Each structure stands twice: as C-alpha cells, then as structure tokens.
Asks: 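Hi! I'm looking at a structure that contains GC376 (bound form) and have some questions.
Chain lettering follows the listing: the opening sequence line is A, and each later line takes the next letter. Shown for chain A, in order and in the PDB entry numbering: 1-305. In chain B, numbers come from the PDB entry; the residues present are 1-305, in order. Note that ligands are numbered from 1 as they come in the structure, with each ligand's atoms numbered from 1 the same way. Computation of the quantities below employed the complete heavy-atom set of this structure, encompassing side-chain atoms and omitting hydrogens, waters and symmetry-equivalent molecules.
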2 protein chains.
Amino acid sequence: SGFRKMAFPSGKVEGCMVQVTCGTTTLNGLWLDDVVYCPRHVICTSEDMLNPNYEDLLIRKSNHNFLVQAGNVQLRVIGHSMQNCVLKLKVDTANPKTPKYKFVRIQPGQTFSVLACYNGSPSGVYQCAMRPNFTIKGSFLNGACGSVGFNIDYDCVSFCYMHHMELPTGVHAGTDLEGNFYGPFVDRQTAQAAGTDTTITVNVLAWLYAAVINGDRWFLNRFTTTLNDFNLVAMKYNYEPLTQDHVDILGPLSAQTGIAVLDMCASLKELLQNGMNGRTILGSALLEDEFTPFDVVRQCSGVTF
Amino acid sequence: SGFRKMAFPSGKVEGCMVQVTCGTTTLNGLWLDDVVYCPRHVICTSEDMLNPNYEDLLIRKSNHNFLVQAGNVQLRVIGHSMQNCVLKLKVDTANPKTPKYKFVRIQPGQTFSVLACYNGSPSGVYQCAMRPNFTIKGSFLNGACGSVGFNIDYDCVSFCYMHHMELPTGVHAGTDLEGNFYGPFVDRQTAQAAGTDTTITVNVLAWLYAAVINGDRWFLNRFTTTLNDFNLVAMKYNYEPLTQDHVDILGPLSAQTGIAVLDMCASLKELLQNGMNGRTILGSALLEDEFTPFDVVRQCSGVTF
Ligand SMILES: *[C@H](O)[C@H](C[C@@H]1CCNC1=O)NC(=O)[C@H](CC(C)C)NC(=O)OCc1ccccc1
Ligand SMILES: *[C@H](O)[C@H](C[C@@H]1CCNC1=O)NC(=O)[C@H](CC(C)C)NC(=O)OCc1ccccc1
C-alpha cells in the first residue's frame, strides 16, 4: 500500500535529450529520428526577448549556426524550419535510441511526467497536471527550456509538453511538440495573465478514492448529494463542474471501494465547507487535484513499462 | 523558479532491473556486472513466511531453480549465496548496461529515488527520505520487492535501498545492498514496531529556505532564538535536536538568502507553536521534512547528470 506522486521511468526520454546552441543561447532539444525539436527562442538575444520578430531573426540564421550535441556526439544540421513556436532541425544522423513515440496535445486535468534538463543533460523527473488554465506548476531554472513532458503506455512515449516560459505568478507555460502553446501564451518577455485556476474536481474524487483504498476512511459521512446540489458547491469553491462522464470515469474506483460517487461527493462537500480540522489525508492537509483516476488505478494494479 | 519533489532520472537503473523467479514466487533483482541481487524471501512459500528458516530453505535450492530474465533475455545462474537478507546469484553474462556504481548505507534524514518495479519492469519513480526510525513512506504493492533506492552523483549511481516489506502502520522497510536491514526489522511476516518517528529538523529548515528563495516570505518574523531555546521546543513537537553541524550544513542557504539560521529557527518555532492559520508554504499546509539542504541547492543551481 501507500500512495505517492509518481513519475514515469525517464530512461526512454533521457536517450533523446540534446543540447542546442545558437550563438550565445543554449537550451535543450528533443532528438527523434533525424529531427531535433527545440523552442524557437534559442535564436533570440537579450534585446529581442521583449517582442522578437522570429521570422526576421531566423532568416539571419543558417544550418551551421545551430550547434547540436548529444553528449559529446556532435550532430550536423542539414536543414531548419520553424513550426509555430518550435524549431525543427534536420540532422544527418537518426537517433539510434529513438523510442516508439507519438505527439499528443493533452487535455486540461490530465497529468504527465517532466524530465527537467539543463545543457541537454537530465537533472530530475516529476509529475505535473495540465491545469484548467493551461499552466503547470513546475520547477524550472534558466536553461530548462526544451525540457519535455510525457506519458508512457506499454512501450510508447507520448510527448505532450515542451517548456518555454515562467509566468509572473511563478507557474509555467509551454507548447505541444507541434509548437502550439497551451493556453493564451506567447513566447515573449511580457507580463501575461493565466486567469483563474479552478480545481480539477474529478481528480480530487479520484484521490479520495485512493485515500479510502489506503485506510483513510475518516472523511466518509452518512450523507449523499445530487450532481446539481454538489455543482452549486463546486462553483462556490472554484471547482470544475462534475459531469456524468466524470462519474463514469470514476466507476472502476467506485466499484472497487463499494462507495458511490455521489456519496463521495457528499464527503467532498463537507471537506470543502468545514475544512479538515487540522487532520490529514494521504499525508496532506489540502485537497489534492493532480492525480487522475487512471493515475490512481495504475498505482493500485502495478502497471509496468 | 518553483520547488518540486524531484527524483533522479532513472534510466541508468532501469537497465539493471531483472525478474527473479524461484518456484512460484517472482520479484525484482538488480543486475550489476555478473551478479544479480534480490531479497532472500524469493525462496519462501506461503507457509514459510511466518518464520522462515532461510538457511534450510536455501539448501533445498540449486542454481537451476532460480530463473532470471532481463526482458526476454534469459540469464543462466552459475552460483548462489546468501548475504544477510539478500541473495547473490552469479550469472554467466555481465550486464552490458552496468552503470558506474557504489553500494552505500545511507544515514537517517537523507533522501533517495525509488524505482518501483514489478516482474522486473519499471513502473514509476519517486523520492523518499530514510526516516529517523529507519522506515520510508513509499508506494509498493505485492511483487515490488527488490525495487531499489538510489542517488546519482555525476555519472555514479549509489544504491542504498532494496525493498522487502510493509509494516502495520503502512510504512516500508528494507535493506542496503549488502542485505542488512535499516532499523530493527527482520524479514518475516510478523507484527513489527518501528517506534516513534521524529521530524527531520534540518530538512524542515532547508525547505523554509527553499520557500523564501521562491517568494514565500510571510512566515518570517522579527524574532530570533538560541539552539538551546529552540531545542526545548523541538523536543516538545517530536523534532530532532538541531546541532552546530546542522547550522553549518545550512550555511550556503543562509548566505544565499541572507537569513541567519537561528532567525529561521525562530520562524520555525512560531509555525510549530501557532500552526499555519490555514495558510500554505510552497503549496503545502504542513511542514515538509523530506528535502535535504543538498536537495534544495541542487534544485536551485540546476545540477545535471
Ligand atoms: C528557458 O530556459 C526559460 C525558462 C524560464 C527561465 C526561468 N524559469 C523558466 O521557466 N524561458 C525564458 O527565459 C523565457 C524566454 C521568452 C522569450 C519566452 N522568458 C521567461 O520565461 O521570462 C520569465 C522569467 C522568469 C524568471 C527568470 C527568467 C525569466
Ligand atoms: C515483496 O514484494 C512484498 C512487498 C510488500 C507487499 C505489500 N506491500 C509491500 O511492501 N513483501 C512481503 O510480502 C513481505 C515478505 C516477508 C517474508 C518479509 N511481507 C510483508 O511485507 O507483509 C506485510 C504485507 C502487507 C500488505 C500486503 C502483503 C504483505
């Protein structure tokens, strides 16, 4: 037993990380087949970053202005193009460690592992949720751009995130691997609003299920509720509305525990209305919303890769 | 910026995990050079587990009774021995993916990454502290035994933990890679006490430093304290006594923030005495003690491997 925020094993992704240098600036890129993907702001200088004209800046660059290194292995760039906010550098050598992979644009509320990298070298790995407002709460320093987020299913790595920037609130923003930002963000050094961030209701319920499965059953009450009744309380506490689709997704966990979803909603409503009374749930004194239902089942059936 | 519980990249360790089967029982082993290390209870049946006579059980086993598989790669066992609570199986083939490595017996309060595995296949990775009472708060299901804990320094993997058992409290126990248990535990299915678990004071202070570095400065007060004064309060809240060695270890963080350690102790004392007032620090409504000073500096200078 036990329940922990658990990242995917990172080895398949470690093998794809490279260093990309364009003049002064170094950041990380992702080497898959004979293409290296990295944030297009690798081409910017200090002055450019307030409002870069990326098309103009990239025109001043040729293939030989991009230095790509995989460890000591120097790669040779034989073509470059910009797709949205990412550069694709065609290289002479196919990555021999390329995993089976897909590019996916993830939904808000879904989770993924981040391999934080500097200078093309892995630093560490952690789980993140794509927040409803299309930010993540990460840990990234200068040089971390081009670090990626991913999920693994069996043998297939689904890349969903590449890191580009930090917002004034200290939260993080980035793109999919086609270079489209999640949320309203643009890659320039301006103040940008993320807007209200709501709690992922279905994930909180998943985690309450996890907690019950792990012996914590004190928060359970003799009450039930309705979707409408609960959703009035959800809106009050800036929680996402719960839908029948959400109820359906929780079905496995509800069946495993024999606790009906609306009964867990009634539990959740009491927690929201009355706080925790200085008590804790799975080691936390707050309601946790970065575990999906899938996350909970995976960590209870022992799914491997 | 941002501060997250961050595991080491697991790829070097992924390459060493194998499946070990002895009759019915399967668990994980660690394949380094031409030796596979695994928990000795792989040789037990259901009946044996209350009080196994390991010496007698192992005598009934030969080399060919151990089936070791690395993926599909079958390995051939050419010798076996028991060292404390671990079996060492000599195999015909040296692991070609063996990292540079050391075996280390870790100190209480130090942290490490756990690669949770089932059937010799990696499931996920998370950070753990060795608690003062020599338990860890992990996430392990049936079949997880032989999963290992490690640290990485530059290119060298220091293995410090192998998983063996779960205690009645839901916490976890295991050995170093020489098979000696951390704490008073024995590998039999009996009720075993871990005893009082104290909070790792130096780690809480490290994390308060992390919090200040990341903008959270509300908990700071105009007060100071003395080591003796603080330690009277530490003992009251089941915190470890703070020593000058601890103060010395926090020196880098104190200098970086310009906050004196005893001033942070005064902050910590107020938090202990007056709770948090429903406020939060680096996303937590509790005092966090599983980040070492090293952990904090690593995640602020962007150390890579
Ligand atoms: C790319 O490595 C870098 C990652 C930032 C740096 C600090 N924490 C992060 O996530 N991204 C940028 O520097 C980005 C470049 C623009 C052209 C998009 N600008 C940015 O994120 O500004 C915010 C910032 C906050 C704190 C320090 C530096 C920059
Ligand atoms: C080895 O894979 C297993 C790991 C336990 C299983 C559940 N959570 C864990 O950490 N270790 C044992 O089964 C161990 C074997 C003895 C001979 C040492 N016994 C044990 O840990 O008993 C506690 C237990 C709790 C919950 C389910 C099963 C066993």
Asks: To what macromolecule is GC376 (bound form, ligand 1) bound in this model, taking the chain with most contacts, per the PDB entry?
Replies: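 It is bound most extensively to 3C-like proteinase nsp5.
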Asks: Which other chains have a heavy atom within 4.0 Å (strictly less) of GC376 (bound form, ligand 1)?
Replies: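 Under 4.0 Å by non-hydrogen atoms: A, B.
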Asks: Taking distance alone, with N or O pairs closer than 3.5 Å, would you say A/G143 contacts GC376 (bound form, ligand 1)?
Replies: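 Such a contact does occur with GC376 (bound form, ligand 1).
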Asks: Per UniProt domain annotation, where in chain A do most residues contacting GC376 (bound form, ligand 1) sit?
Replies: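 According to UniProt, mainly Peptidase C30.
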Asks: Which protein heavy atom lies closest to atom 14 (C) of GC376 (bound form, ligand 1), and at what distance to 0.1 Å?
Replies: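 Ranking protein heavy atoms by distance from atom 14 (C) of GC376 (bound form, ligand 1), first comes A/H164 O, 3.6 Å.
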Asks: Give the atom numbers and elements of GC376 (bound form, ligand 1) that come within less than 4.0 Å of a heavy atom of A/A144.
Replies: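 By the 4.0 Å cutoff, the relevant atoms are 2 (O).
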Asks: Report yes if some N/O of A/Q189 lies less than 3.5 Å from some N/O of GC376 (bound form, ligand 1); otherwise report no.
Replies: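 Min N/O separation from GC376 (bound form, ligand 1) is below 3.5 Å for A/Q189.
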Asks: With atoms numbered from 1 as shown, which atoms in GC376 (bound form, ligand 1) lie under 4.0 angstrom from a non-hydrogen atom of A/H172?
Replies: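 Taking each heavy atom of A/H172 in turn, GC376 (bound form, ligand 1) has 10 (O) under 4.0 Å.
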Asks: Which residue is it, and how far: the UniProt active-site residue of chain A nearest to GC376 (bound form, ligand 1), by heavy-atom distance to 1 Å?
Replies: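 Closest UniProt active-site residue, heavy-atom distance to 1 Å: A/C145, 2 Å.
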Asks: Do any N/O atoms on A/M49 end up under 3.5 angstrom from N/O atoms on GC376 (bound form, ligand 1)?
Replies: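 It does not: no N or O of A/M49 is found under 3.5 Å from an N or O of GC376 (bound form, ligand 1).
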Asks: Okay, covalent or not for GC376 (bound form, ligand 1)? And if covalent, which residue and atom?
Replies: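 The model places the covalent bond at A/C145 SG.
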Asks: To the nearest 0.1 Å, how far is atom 4 (C) of GC376 (bound form, ligand 1) from its closest protein heavy atom, and which atom is that?
Replies: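 Checking every protein heavy atom, the shortest distance to atom 4 (C) of GC376 (bound form, ligand 1) gives A/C145 SG, 3.1 Å.
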Asks: Using a 4.0 Å heavy-atom cut-off, say whether A/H41 meets GC376 (bound form, ligand 1) through its side chain, its backbone, both or neither.
Replies: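 Looking at A/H41 and GC376 (bound form, ligand 1), just side chain atoms fall under 4.0 Å.
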Asks: For atom 29 (C) of GC376 (bound form, ligand 1), is some protein heavy-atom partner under 4.0 Å away?
Replies: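 Neighbour list for atom 29 (C) of GC376 (bound form, ligand 1) is empty of protein heavy atoms (cut-off 4.0 Å).
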Asks: Distance to 0.1 Å, residue and atom name: give those for the protein heavy atom nearest to atom 26 (C) of GC376 (bound form, ligand 1).
Replies: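 Nearest protein contact, heavy atoms only, for atom 26 (C) of GC376 (bound form, ligand 1) is A/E166 OE2, 4.2 Å.
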Asks: Identify, by atom number and element, the atoms of GC376 (bound form, ligand 1) in contact range of A/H163, meaning under 4.0 Å from any of its heavy atoms.
Replies: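 That gives atoms 4 (C), 9 (C), 10 (O) of GC376 (bound form, ligand 1).
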Asks: Could you walk me through which residues contact GC376 (bound form, ligand 1), taking a 4.0 Å heavy-atom cut-off?
Replies: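 By heavy-atom distance, those residues are A/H41, A/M49, A/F140, A/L141, A/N142, A/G143, A/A144, A/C145, A/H163, A/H164, A/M165, A/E166, A/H172, A/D187, A/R188, A/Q189, B/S1.
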